[PDB]
Amino acid sequence: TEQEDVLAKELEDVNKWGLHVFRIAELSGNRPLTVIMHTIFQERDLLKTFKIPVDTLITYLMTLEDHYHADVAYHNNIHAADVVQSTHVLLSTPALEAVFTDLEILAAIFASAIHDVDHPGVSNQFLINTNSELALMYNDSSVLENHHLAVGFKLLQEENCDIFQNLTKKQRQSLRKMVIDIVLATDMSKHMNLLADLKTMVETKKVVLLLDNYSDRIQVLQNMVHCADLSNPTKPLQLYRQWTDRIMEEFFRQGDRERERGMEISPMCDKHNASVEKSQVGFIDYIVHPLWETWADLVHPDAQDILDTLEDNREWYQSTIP
Ligand SMILES: COc1ccc(C(=O)Nc2c(Cl)cncc2Cl)cc1OC1CCCC1
Ligand SMILES: [Mg+2]
Ligand SMILES: [Zn+2]
């Protein structure tokens, strides 16, 4: 059909920063995660490498995508697809050519796909403050991130969903550990330590990059997926602005729930006292730029255009304040 033709055209940009992910979400019948993951697996020849039956891959992806919430403005299947695609581009950076094994690549992409599954659209702190079942289950420690992993892995046990059925026991064990390490590293409470470790690696860099032990390799993959998670402000402005609209809607809905419960409204969650532009500038200045500038240093000069875009977008948001 004409719609499938346009979808195919948009997917030709799967290896490019700035893919039209929202268009792909609409054109695919709200299956951005499934089609983008399928496309990336085909591009990297992962189905052949790991003997993943095509029908099994699609069944699992659709099932996984179904577990992202349709009514959460930001932490939905589009965000998952975007992080998957951004990770895919970061993995292809020239400075990392031939550094990671096929299993490591698979782990990073799979981790990206499941990293926010079944997100309720409220933060770890909200879950902790409201004595939620999730916080009680996970003892207030990386509550959501533990849950995303539990769901992502559990779904593999559904009928015709085990995409790792042909991996060896050793490969399955290794992949499981890497995926857990990567998704737990997406908790923002770990951001400062992750960044500190990334800077230490840049300072002791040996060169393409030379990573010999699990600690260094996993650290890079953790930071890579974390960069993808924090990549919105580095994308072309039309995409960035949509991500900002969505995160603010989600935050405002949390603030509304907090207000209904008589709780104090969390930072940036009060629709009656918000500064969207100032908040984006602060977000870039204190979190996004420090991380991306460090990533850019590790893979210099591969990420120069991404960092330039980030800086341009920071200047644009800042210009709307006066
Ligand atoms: C497009 O703007 C934003 C996008 C993403 C996030 C953000 O914190 N994402 C995130 C969250 Cl909410 C939790 N764990 C990890 C990540 Cl990366 C935060 C954003 O803006 C901040 C939050 C509200 C205003 C500043
Ligand atoms: Mg998350
Ligand atoms: Zn995320």
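Numbering of chain A is taken from the PDB entry, so the residues present carry the numbers 86-292, 297-411, in order. If you check the header, you will see the structure was determined by X-ray crystallography, 1.7 Å. Remember, it's 1-based here, ligands and their atoms both numbered in the order they're listed.
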Drug present at ligand 1: piclamilast
Piclamilast: macromolecule with most heavy-atom contacts, named per UniProt: 3',5'-cyclic-AMP phosphodiesterase 4D
Piclamilast contacts in chain A: dominant UniProt domain: PDEase
For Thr333, atoms of piclamilast separated by under 4.0 Å from a heavy atom: 1 (C)
Option with minimal heavy-atom separation from atom 15 (C) of piclamilast, where the choices are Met273, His164, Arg335: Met273
Chain A: UniProt active-site residue nearest piclamilast and heavy-atom distance: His160, 4 Å
Piclamilast vs UniProt Mg(2+)-binding residues of chain A, heavy-atom distance under 4.0 Å: none
Part of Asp318 with heavy atoms under 4.0 Å of piclamilast, whether side chain, backbone, both or neither: both
Subset of piclamilast atoms that lie under 4.0 Å from at least one heavy atom of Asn321: 1 (C), 4 (C)
Numbered atoms and elements of piclamilast in range of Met357, under 4.0 angstrom, heavy atoms: 23 (C), 24 (C), 25 (C)
Per-atom contact, atom 17 (Cl) of piclamilast, protein heavy atoms, under 4.0 angstrom: yes
Enumerated piclamilast atoms positioned under 4.0 Å from heavy atoms of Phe340: 22 (C), 23 (C)
Shared residues: UniProt 3',5'-cyclic AMP site in chain A vs. heavy atoms under 4.0 Å from piclamilast: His160, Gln369, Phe372
Contact bool for atom 10 (C) of piclamilast (protein heavy atom, d < 4.0 Å): no
Enumerated piclamilast atoms positioned under 4.0 Å from heavy atoms of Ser368: 24 (C), 25 (C)
Distance filter under 4.0 Å to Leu319 heavy atoms, resulting piclamilast atoms: 17 (Cl)
Sub-4.0 Å atoms of piclamilast with respect to non-hydrogen atoms of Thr271: 14 (N), 15 (C)
Contact check: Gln369 vs piclamilast, nitrogen or oxygen atoms, below 3.5 angstrom: yes
Element-labelled atoms of piclamilast that are located less than 4.0 Å from some non-hydrogen atom of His160: 12 (Cl)
Site of piclamilast: non-hydrogen cut-off 4.0 Å: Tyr159, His160, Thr271, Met273, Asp318, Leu319, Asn321, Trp332, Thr333, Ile336, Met337, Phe340, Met357, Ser368, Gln369, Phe372
